[PDB]
Asks: 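Below is a structure containing N-acetylcysteine (bound form). Please help me interpret it.
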Amino acid sequence: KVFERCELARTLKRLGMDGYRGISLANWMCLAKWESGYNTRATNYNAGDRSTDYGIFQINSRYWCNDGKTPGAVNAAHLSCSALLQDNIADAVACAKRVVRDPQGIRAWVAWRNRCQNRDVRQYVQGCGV
Ligand SMILES: *SC[C@H](NC(C)=O)C(=O)O
């Protein structure tokens, strides 16, 4: 599903992302925008390393979700990448939380560094009531 900007912002607040490990909702929004255009169906195959990025946050199959086809990856005891292609983003949020629990935080996503860090990201949440 393709989320409307404010619909997404309110959803992320409800799932407790505002200020999670010091990350503002505006930062999480900036991240979803440049990663998938707020599209839960988004999939990006990295030919170079044979991994795939899945969902609204473009989570990778080598480190975080199991898809079976990715070489040198986390096993089948971990969350299925399919769970990140659902309309309901609860699993994706729970996984995004885990990713930033690493010392690297939100910097784990290179798109965040390019397009969001050291920027006025107020625009992503202005007028949403969050
Ligand atoms: S981010 C999803 C999570 N992955 C790892 C590697 O802990 C899981 O729930 O398995």
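Numbering of chain A is taken from the PDB entry, so the residues present carry the numbers 1-130, in order. Counting starts at 1 for both ligands and their atoms, in listed order. Quick note: numbers below take in every heavy atom, side chains included, and nothing from hydrogens, waters or symmetry partners.
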Asks: Going by UniProt, what is the chain that binds N-acetylcysteine (bound form) with the most atom pairs under 4.5 Å called?
Replies: Lysozyme C
Asks: From the options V74, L84, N66, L79, select the one whose nearest heavy atom is closest to atom 9 (O) of N-acetylcysteine (bound form).
Replies: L79
Asks: I'm looking at N-acetylcysteine (bound form) in this structure - which UniProt domain of chain A has most of the contacts?
Replies: C-type lysozyme
Asks: Among protein heavy atoms, which sits nearest to atom 7 (O) of N-acetylcysteine (bound form), and what does the distance come to when rounded to 0.1 Å?
Replies: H78 ND1, 3.8 Å
Asks: For atom 1 (S) of N-acetylcysteine (bound form), what's the nearest protein heavy atom and its distance?
Replies: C95 SG, 2.0 Å
Asks: Which residue owns the protein heavy atom closest to atom 3 (C) of N-acetylcysteine (bound form), what's the atom, and how far is it?
Replies: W64 O, 3.7 Å
Asks: Name the residue and atom that form a covalent bond with N-acetylcysteine (bound form); answer none if there is no such bond.
Replies: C95 SG
Asks: Write down the UniProt active-site residue of chain A closest to N-acetylcysteine (bound form) and its shortest heavy-atom distance, rounded to 1 Å.
Replies: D53, 12 Å
Asks: I'm curious, what organism does the PDB give for chain A?
Replies: Homo sapiens
Asks: Give me the residue, atom name and distance of the protein heavy atom closest to atom 6 (C) of N-acetylcysteine (bound form).
Replies: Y63 O, 3.3 Å
Asks: Within 4.0 Å of N-acetylcysteine (bound form), heavy atoms only, which residues of other chains turn up?
Replies: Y63, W64, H78, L79, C95
